[PDB]
K.L.:
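Submitted below is the structure of interest, expressed as structure tokens.
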Amino acid sequence: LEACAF
Amino acid sequence: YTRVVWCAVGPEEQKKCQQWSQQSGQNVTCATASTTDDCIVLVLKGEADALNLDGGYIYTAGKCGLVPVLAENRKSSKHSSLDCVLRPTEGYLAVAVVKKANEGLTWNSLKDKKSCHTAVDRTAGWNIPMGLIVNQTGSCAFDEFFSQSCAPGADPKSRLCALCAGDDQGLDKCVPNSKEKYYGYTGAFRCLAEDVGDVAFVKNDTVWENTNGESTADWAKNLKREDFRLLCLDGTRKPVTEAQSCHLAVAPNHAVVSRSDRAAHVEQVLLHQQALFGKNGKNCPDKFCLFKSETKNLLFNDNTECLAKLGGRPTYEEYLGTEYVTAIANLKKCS
Ligand SMILES: *[C@@H]1O[C@H](CO)[C@@H](O[C@@H]2O[C@H](CO)[C@@H](O)[C@H](O)[C@H]2NC(C)=O)[C@H](O)[C@H]1NC(C)=O
Ligand SMILES: *[C@@H]1O[C@H](CO)[C@@H](O[C@@H]2O[C@H](CO)[C@@H](O)[C@H](O)[C@H]2NC(C)=O)[C@H](O)[C@H]1NC(C)=O
Ligand SMILES: COc1ccc2cc([C@H](C)C(=O)O)ccc2c1
Ligand SMILES: *[C@@H]1O[C@H](CO)[C@@H](O)[C@H](O)[C@H]1NC(C)=O
Ligand SMILES: [Fe+3]
Ligand SMILES: [Zn+2]
Ligand SMILES: [Zn+2]
């Protein structure tokens with residue numbers, strides 16, 4: 001529930 | 001003005017995109033990748049501008065900064081004088097579908113059965129049923145709940161890919177694109193129609209559009225609605241006419257996303273393209289129909305009447321809704 005997954 | 005670069009997921013989508021590009025005089029051109037996540041990355045790099053996404057993918061894209069632009073709007077259930085482009089979207093019903101002949105099977109006896117999902121990370125095929133199952137079982141081991149599944153995008157050696165079939169040649173088993181026979185809404189419903197799985201996680205429209213002659217596709221053309229039942233969360237089974245009272249969730253409609261800096265241009269180009277190629281568009285059916293692909297839901301769902309403007313210039317969280325975003329976040333804690 002926070003950062004871009006790439 | 002600039003051209004808009006669409007991202008096509010897999011080669012069938014690429015073919016349709018190329019026809020669109022030709023017809024639009026290269027106002028739209030095409031990039032292609034093998035999965036939706038890789039398309040999301042092309043957009044983040046600036047090597048494509050936009051694509052239309054299921055809500056679970058909108059969550060991945062939105063976490064990475066991409067924004068919703070226009071949403072699919074299908075035929076309204078109620079009377080509206082509003083033009084399609086201005087009508088608020090209604091969401092679609094995620095459902096669990098089984099064969100009427102598989103008589104003992106309910107929501108509460110799904111453990112160790114065979115399942116068919118649209119793909120990992122999509123709303124009705126995955127985030128809603130697996131989020132519910134994690135919660136009800138109190139366990140993150142959702143990869144050990146069903147005995148075998150087809151869940152495109154999972155590890156091809158794992159139980160979650162055991163039922164997937166790949167392409168004509170049996171290549172690309174379990175890839176999350178239309179090359180996989182059991183991909184997407186229609187692939188997952190085909191997985192149940194052929195009794196490869198005991199249950200399919202799709203949406204209500206899928207069942208109607210692929211039964212009772214609504215599809216002439218070989219695998220669908222003989223299916224009868226009355227041979228299916230929906231699984232309700234209270235443990236009952238209903239006829240597929242009762243989806244309004246026997247669904248898992250109401251999902252936010254698929255929608256186009258783009259970088260924030262190209263959203264207004266993408267919006268303008270799409271409104272004009274759908275005027276040419278949309279339902280009743282100036283050049284559909286004569287030359288090209290943007291929202292047809294012989295039931296295979298390529299680029300857009302076949303049941304899309306138009307892409308509609310969004311109210312409230314919503315962020316991705318606003319567009320998905322807080323409850324759904326929260327549900328996705330909870331499920332992703334498991335992996
Ligand atoms: C389940 O989905 C089907 C298919 O979209 C819906 O039935 C269609 O509804 C529209 C709007 O009423 C009709 O004009 C179409 O003719 C129907 N299509 C078919 C193939 O029958 C149905 O309304 C949906 N059920 C619920 C509860 O939303
Ligand atoms: C699975 O359970 C979690 C935990 O109960 C649910 O998360 C809650 O959702 C409600 C309703 O939106 C919120 O008010 C709570 O803040 C959420 N709790 C937590 C700890 O995040 C989640 O909605 C459930 N998943 C599904 C698919 O129903
Ligand atoms: C209370 O939270 C919401 C917010 C936005 C929503 C939008 C939609 C439609 C289907 C959409 O986003 O396309 C449905 C439900 C929603 C619930
Ligand atoms: C191509 O885009 C330009 C600029 O909006 C416009 O003049 C033309 O009508 C467009 N044509 C098609 C066929 O999409
Ligand atoms: Fe979806
Ligand atoms: Zn409901
Ligand atoms: Zn807002």
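Residue numbers start from 1 in every chain, and the chains themselves are labelled A, B, ... in the order their sequence lines are given, proteins ahead of strands. Hydrogens, waters and symmetry mates are skipped; everything else that's a heavy atom, side chains included, is used. Counting convention: from 1, in listed order, for ligands and their atoms alike.
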K.L.:
Could you check ligand 3 and tell me the drug name?
P.N.:
naproxen
K.L.:
Find the chain with the greatest contact count to naproxen (ligand 3) and give its name in UniProt.
P.N.:
Lactotransferrin
K.L.:
In this structure, which other chains have a heavy atom at a distance under 4.0 Å from naproxen (ligand 3)?
P.N.:
B
K.L.:
Extract every residue of other chains having a heavy atom under 4.0 Å from naproxen (ligand 3).
P.N.:
B:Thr89, B:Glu90, B:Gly91, B:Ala251, B:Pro252, B:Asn253, B:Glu318, B:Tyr319, B:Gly321
K.L.:
What's the shortest distance from atom 16 (C) of naproxen (ligand 3) to any protein heavy atom, and which residue and atom give it?
P.N.:
B:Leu320 O, 4.9 Å
K.L.:
Number the atoms of naproxen (ligand 3) from 1 as they appear, then name those within less than 4.0 Å of a heavy atom of B:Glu90, with their elements.
P.N.:
10 (C)
K.L.:
I'd love to know which UniProt domain in chain B has the most residues in contact with naproxen (ligand 3).
P.N.:
Transferrin-like 2
K.L.:
Please could you name the atoms of naproxen (ligand 3) that B:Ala251 approaches to less than 4.0 Å, counting only its heavy atoms?
P.N.:
10 (C)
K.L.:
In terms of atom number and element, which parts of naproxen (ligand 3) are under 4.0 angstrom from non-hydrogen atoms of B:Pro252?
P.N.:
10 (C), 11 (C), 12 (O), 13 (O)
K.L.:
List the closest protein heavy-atom neighbour of atom 9 (C) of naproxen (ligand 3): residue, atom name, distance to the nearest 0.1 Å.
P.N.:
B:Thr89 OG1, 3.5 Å
K.L.:
Suppose I only count heavy atoms of B:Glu318 and a 4.0 Å limit; which atoms of naproxen (ligand 3) are within that range?
P.N.:
4 (C), 5 (C)
K.L.:
Taking only heavy atoms of B:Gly91, which atoms of naproxen (ligand 3) are found under 4.0 Å from at least one of them?
P.N.:
10 (C)
K.L.:
Identify the protein heavy atom lying closest to atom 12 (O) of naproxen (ligand 3), giving its residue, its atom name and the separation to 0.1 Å.
P.N.:
B:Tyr319 O, 2.9 Å
K.L.:
What protein heavy atom lies closest to atom 3 (C) of naproxen (ligand 3)? Include the residue and the distance to one decimal.
P.N.:
B:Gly321 CA, 3.9 Å
K.L.:
At less than 4.0 angstrom from any non-hydrogen atom of B:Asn253, what atoms of naproxen (ligand 3) do you find?
P.N.:
10 (C), 11 (C), 13 (O)
